[PDB]
Chemist: 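Lab note: structure loaded, ligand of interest is flumazenil.
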Amino acid sequence: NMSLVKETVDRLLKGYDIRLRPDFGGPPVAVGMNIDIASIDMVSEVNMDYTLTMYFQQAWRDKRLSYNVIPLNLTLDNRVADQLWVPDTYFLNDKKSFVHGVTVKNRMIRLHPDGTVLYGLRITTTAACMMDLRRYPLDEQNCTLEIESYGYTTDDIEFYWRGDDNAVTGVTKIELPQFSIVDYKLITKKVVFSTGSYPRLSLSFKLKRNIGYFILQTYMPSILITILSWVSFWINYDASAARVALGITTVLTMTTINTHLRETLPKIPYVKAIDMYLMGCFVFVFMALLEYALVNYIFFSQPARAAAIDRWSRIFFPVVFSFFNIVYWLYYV
Amino acid sequence: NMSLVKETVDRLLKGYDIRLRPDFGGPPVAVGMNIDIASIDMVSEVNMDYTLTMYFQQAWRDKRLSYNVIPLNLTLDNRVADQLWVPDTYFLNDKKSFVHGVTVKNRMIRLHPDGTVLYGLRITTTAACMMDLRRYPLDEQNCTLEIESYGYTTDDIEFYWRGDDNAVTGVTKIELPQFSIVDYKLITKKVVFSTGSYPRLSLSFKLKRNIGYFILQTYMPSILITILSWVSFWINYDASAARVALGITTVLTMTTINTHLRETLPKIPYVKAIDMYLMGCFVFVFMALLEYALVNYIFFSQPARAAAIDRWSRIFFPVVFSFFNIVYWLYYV
Amino acid sequence: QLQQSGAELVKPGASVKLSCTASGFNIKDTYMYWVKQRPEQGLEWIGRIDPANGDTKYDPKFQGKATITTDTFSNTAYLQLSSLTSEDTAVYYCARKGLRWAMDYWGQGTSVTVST
Amino acid sequence: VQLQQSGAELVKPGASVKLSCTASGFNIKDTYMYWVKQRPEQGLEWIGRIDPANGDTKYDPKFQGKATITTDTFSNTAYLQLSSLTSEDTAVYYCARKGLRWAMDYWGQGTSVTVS
Amino acid sequence: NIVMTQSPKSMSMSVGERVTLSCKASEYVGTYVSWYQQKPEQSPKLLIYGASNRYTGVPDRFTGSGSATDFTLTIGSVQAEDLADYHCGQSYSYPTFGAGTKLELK
Amino acid sequence: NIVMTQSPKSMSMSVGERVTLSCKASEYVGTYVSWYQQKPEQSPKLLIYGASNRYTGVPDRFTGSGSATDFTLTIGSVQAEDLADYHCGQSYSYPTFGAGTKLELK
Amino acid sequence: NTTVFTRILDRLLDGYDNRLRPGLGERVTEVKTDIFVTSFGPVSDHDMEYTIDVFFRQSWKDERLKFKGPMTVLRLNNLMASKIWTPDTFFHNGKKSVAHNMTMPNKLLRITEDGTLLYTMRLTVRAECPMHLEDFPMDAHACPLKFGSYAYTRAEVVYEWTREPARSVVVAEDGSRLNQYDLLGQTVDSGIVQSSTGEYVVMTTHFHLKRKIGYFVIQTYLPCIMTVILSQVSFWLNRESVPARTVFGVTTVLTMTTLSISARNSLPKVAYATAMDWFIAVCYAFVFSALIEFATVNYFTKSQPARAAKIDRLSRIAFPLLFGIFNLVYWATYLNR
Amino acid sequence: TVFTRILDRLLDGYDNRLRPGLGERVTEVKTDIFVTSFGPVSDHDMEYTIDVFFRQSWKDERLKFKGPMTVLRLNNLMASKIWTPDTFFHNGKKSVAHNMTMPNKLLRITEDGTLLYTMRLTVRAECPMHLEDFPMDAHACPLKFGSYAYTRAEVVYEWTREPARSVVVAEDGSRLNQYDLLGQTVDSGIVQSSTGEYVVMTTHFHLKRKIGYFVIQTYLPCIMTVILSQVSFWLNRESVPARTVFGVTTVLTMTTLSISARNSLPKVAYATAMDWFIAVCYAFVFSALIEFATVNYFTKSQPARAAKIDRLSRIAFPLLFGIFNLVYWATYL
Ligand SMILES: *[C@@H]1O[C@H](CO)[C@@H](O[C@@H]2O[C@H](CO)[C@@H](O[C@@H]3O[C@H](CO)[C@@H](O)[C@H](O)[C@@H]3O)[C@H](O)[C@H]2NC(C)=O)[C@H](O)[C@H]1NC(C)=O
Ligand SMILES: *[C@@H]1O[C@H](CO)[C@@H](O[C@@H]2O[C@H](CO)[C@@H](O[C@@H]3O[C@H](CO)[C@@H](O)[C@H](O)[C@@H]3O)[C@H](O)[C@H]2NC(C)=O)[C@H](O)[C@H]1NC(C)=O
Ligand SMILES: CCOC(=O)c1ncn2c1CN(C)C(=O)c1cc(F)ccc1-2
Ligand SMILES: *[C@@H]1O[C@H](CO)[C@@H](O)[C@H](O)[C@H]1NC(C)=O
Ligand SMILES: *[C@@H]1O[C@H](CO)[C@@H](O)[C@H](O)[C@H]1NC(C)=O
């Protein structure tokens, strides 16, 4: 009936002291957290942060809110969320987060006959995780989300997932455009700060980059120019201007490609792998130009030395380049 | 004592009507404003706006807040500012401003035994001042800020600075990254709108440009490119492809310089000064290329004519170019 | 709904005052217009008055020859002509603004005759 | 406002002596307590710091394990305890309170400890 | 100053005939033209206020069509007493009036 | 650990003469020094706390000057009672005190 | 003292139910509107939206608020505006708007002795206007702004203008801050919009805009004209000097490509074909045809050089004629509009 | 039950507007900071983000009670009712006090009456920088906070612990993309403004720039292209067109490299220390080009002076180059 539920809610809210958490003098009150991730919008390297949207759900047993008249599960309008007690929970490493309000503020309050309260939000968080880009692009990230309690010490509150295997859902359906999920882990800890010991949970999942895309875009032009620089050797040493044309154009094109790739890639002001590779190729074409210049200098005295140096260069350069590439790709991958 | 101040404040705020300002029936109230500028963050030409942070203080005599028991100057909490009357004062040409709320809403309320209320804010205002870039980069801006009472006509409220020489402080310590402060003035006006006559205060400070850094980055490349035309003139008349290639290179370099500078300059429709300078240099190198084209075309008739035209151009261009630069720098300065 | 004075005959060069009395509403809400009509010719606009602020607008060709003033207590408008010649002998109407700026309600009209 | 200390002490080597300073005019729980020894005709030298709030005590690394500071908030007193005394340990002892940018403004009259 | 041109000058049509009168505005006037009817020796009355809107107490035979600069008043079955002067006046600016149209039975 | 140095060791000045005492700190100390005056067989008192702040009940002749690692106590008019030991002790870290200066009348 | 006014105000607000509008069972409530534009903000083509800064004024007669007192005109504080009835007026096509809250809510409430409430706000309105960019950059388009009542049919609330409509929307002289466009005039109109719920009165205001051409004169047109003239000049040089003419033809096409990239950068994506794109396509086609002619001459010089010289002279005397003719036709066509 | 009475009795007859001891002694507030993570410093706007825990403690005499708890951990809700000192950051551009799920403010009440009040903040402070030493610069960014609307007579700030140990930075959290955190320094001062004398707590964070990137970024291409301009001398003088192309290529590469370097350099009126090295590296190429031009001129009249100029340039250029490099690298570090 209507009037029974009305008077039950009225007698529950009457004489309710909000600022006193349940079981004030007794044992800590357990709080179970449950997360349903809808999507991960974007994962940036410039700002070192990722955006996620999730459904956050907290369940806690509360002896004050308890009724035995009606067997139904009462669900209240979200306006009641202010009058009841709610555990304060702050994400430690979020930079800007807001609860979605479209038609109303998206939060649900669901009571129970035995006193268990279920409280749900819909949260969008721009969390921050440090990205180690030494091995960029081929790297693995370990971005996390850290949950804690800010008001109550470990003596008053306890945090635990409601089934470790089924705590976090929807991860398989997540589809990052440039990355791909590999695995996720759930952790429960206690952190010591200067005012006490505070409980915490951690939801941490790996991210692996896709190698297939970056190769064609970045590495192919440099390798093509480096290989095409070698055609300089097959030309006869008589045609000086013709060979110098290639020996110059290769270096100029390498510099231009370096500048373009610097403009395109996400700016990060410390050493990364692709810079090492481009510098290696640049040094190779520079050394080709240098050896031909030396040949042209010592050519007038003895031609046999020139033919010998040309043969040595032909038989040595590709071997050194292949060795360098093999060492590189074996050390990184 | 404490109880004395408690009961005094409690009996003051009781029976106090916030809707009506002091002296509702008779003479107008007196309001004194005392700005203190902290810093001018950024001055953008793209949007034509200048962000600025200020401590904004208003003092006025309110009779209903008159107490005689306590000799102290009461300094109530900031919350009390929601109960006392406060004159509504809006900036006229702002686009987006917000009072800082780092720890609390930064407002200061300071009473007095005779009722001289003092009310303070810390405001960050993004105001918009129309900028003329005809004389760019050598230009003077006159950016202002305007203050008006939105709800009370000159029959109700009055505005006057608390001593002009000490009205606005902290301007000397301001160190803009690009511009330079010259002078600031404070004006009192009455603006007539459709509904009535409203008071207005105006605070306006000039801004001068630092021509030193801006000359070195842009004005030298044009001279360096134009020198290439003279260098081409000093070439023997027999060689044709080399000098034609030099002229084409100068034309392409002038075009690329124009494009790059436009990509770096603040985009505005009307023609600027540096555009006139670049157009002059482009016309000069284009005339040099056309001159050598004519030389190559009329070379088969008689080489004496070719050498004569070369000598004429060599003795002609370096004087006309310097005369043009003379007129330029004497017209824009 | 609207009341006006009767016909008026005046000698040339002498000012005359005409009255328009509203009934059933307060003119402080709406404007008041004045229109003149010569025999068998098109209508012509003289000017309008806003009782709230007392501001008045006149047709430039009739400017300086007519003055419109209102009294809210008597709820009446008054059109005082200047020295008028034998030319402007015509009918006069006072009108109120309507829904979409149409002069809906009109007085019965008064005839101003000039003769020596 | 005022600090009181015990009388002069005489102790033979190899024994422990206890010094206590009592504070009147303020609760100890508010500010810290500082103990500083000073030898005859030499510069002041710090011994230890105690905080009544948490009971945390910090010692000069050369005296770590040789002195112990305790606070009794009920009796509103501070207690210093020395061990393994030598003839070189003889010096005057001062108990002080910090305030106004860590000035150590109020000191006790001073207790004298002689080893023989 | 805005000037109005009313057409035709005068017209004579018998009972039961569709009649159309046109009003042309020099400058812009947006849906503020009104159409007034005046019988001889009587004060003018309001027939159409705005465009295609009928004042209360007017028969449904009168219709109006509007635009930016062209306006049209249309009568269907025309009774005996409907002959009278018609004026199209605009009030977008300081109001002005057309020359007027006199309608007479044949 | 932070160590203080005080100069001069022992100086003798006559009545009515300006006196300067210098205190140099090895590490950085951000204006947290304090100056203590100790009479013979008495308990050290406080003269200057921080930099250039006079404790209540202290004559105005004493002045202090501070910097990052250089501090100076300046006495103008000097009396007979003003002669006593002076210590400069810093509290930026765990507190320590300088060697001390002995001042005797001549 | 102020106690008289406080008692008057408390007797006034007593029993005043804000959920109801003035004159419910009686005649319809009539609201009079006015707009004073302090500044006309920057018009963005990429979003096709224009910002405007207005002083929105409304006035309506209300019977319950009349009083008898000495003041005869009450200028009340802003916070009282929420207690009395206030007609809702949402701009029909506003993408996102913001009412300033600088140091106190920008609202003014003025109550006369009769009961004629005046209520004004300050607004920054960001409204969308569809555009026809076919005539770009010679375009001239009008951006509208339509506001009407909400949750109230035409039977209950009717909007009118305070003064003669031509002088209702008033724009300040120095207020116009338009970097690129130019303001011509303003026009107003009243209308009725019929929907599933009912009929709603709607006030429409058009602001006419025109675009300055000076920027695009030196931006893209002059580069393409100079490039056409340059590429045509190459036909006068001797055909023996091959590398110079080849470098010439290559540089012309490369500059044309960069110019086309910039021109495509100029405007947001549209299905239409812009006039500037038409001009640039013809310019590029001309320089490319000239390069093709040079190439075929260099290939043909070996078989029959006399015909090659005739072809060169004919191209010299033929190309500038067609170029100038097309330029005249295009400029006349788009300037006459 | 009992706690509700204990809690209502305190707030009964309590007025938040008056700070403790209005006519009594001054209030002494102790402050402590815990910098969770040091945000990314920016050079274009000269601002740095920081994420902090902010703890304050003052002795409030009126809230003393007696109960079984001896420490009350209250919800954030009661923070608004008691007095709370307003502490604002003197140079914060726009901070934000996080309220993730409930306002992140912890309040603790001791039995004696010593309140504790901690918040979580994100502050975007501004520090002026000096780039005359760029990229070898080392500068310190300050963070100054103080009271508002309280003179020195009313509120005094102190550090809760020994000042060297007050500001504590978490080791893992401190993330800087480009710079490298070095150390912390604290200070107390008195600032005098128009309203009165305020006490100000200052904390400098020292920063030093990482250099490993700009070595392989700009300096190495410049040195390599200068060495290439040097090798240009070794080329046989006979292949004149090849030598001209070799000279022009270095200039084109210098132009491209200089534009790429300017793209990343922060816009300042000062002449950065890197621009002098860039100017020298750019001038040596033009010097070599002028030498080659003078050789091409002299070769016709006399071969002896041509060979002598070649020899002297070869023996002279790298010596001065190395001397300048030594001076440059010795001056700054
Ligand atoms: C990403 O980084 C986090 C940060 O450390 C990694 O979390 C670490 O995970 C391991 C394995 O789950 C934890 O080891 C645990 O040690 C306790 C000691 O009693 C043991 O009982 C557990 O069975 C487990 O072995 C480790 O504590 C934890 N780090 C911290 C600081 O707690 C995480 O593994 C990294 N990778 C991913 C995919 O998240
Ligand atoms: C920047 O622009 C503002 C306005 O755009 C200028 O403010 C104007 O300054 C003049 C003074 O040069 C004012 O004239 C004054 O008139 C009063 C009338 O009684 C009288 O005291 C003097 O005759 C005085 O000349 C003018 O009112 C004022 N405002 C305007 C024109 O709107 C300002 O001078 C410009 N420059 C700077 C550095 O601010
Ligand atoms: C399809 C259901 O539509 C609504 O529920 C609705 N809600 C508000 N309005 C409508 C009607 N509608 C499509 C409008 O555009 C409109 C136009 C008005 F002038 C005033 C109100 C509304
Ligand atoms: C209420 O929720 C509980 C959750 O376990 C469930 O067991 C119970 O069946 C629900 N009540 C009804 C009436 O469905
Ligand atoms: C209160 O402020 C006035 C204004 O200067 C000042 O004269 C007075 O001394 C102040 N009162 C106290 C107690 O300082």
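Order of the sequence lines sets the chain letters (A, B, ...), proteins ahead of strands, with each chain counted from 1. What's counted below: heavy atoms across the whole structure, side chains too, no hydrogens, waters or symmetry copies. Each ligand, and each atom within it, is numbered from 1 in the order the structure gives.
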Chemist: Provide the full list of ligands or chains for flumazenil.
Modeler: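 The drug sits at ligand 3.
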Chemist: Which chain is the chief contact partner of flumazenil here, given by its name in UniProt?
Modeler: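 The main partner is Gamma-aminobutyric acid receptor subunit alpha-1.
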Chemist: Which other chains are in heavy-atom contact (under 4.0 Å) with flumazenil?
Modeler: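 Heavy-atom contacts under 4.0 Å involve G.
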Chemist: Is any transmembrane segment of chain G, as UniProt numbers them from the N terminus, within less than 4.0 Å of flumazenil by heavy atom, and which?
Modeler: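 Numbered as in UniProt, none of the segments has a heavy atom that near.
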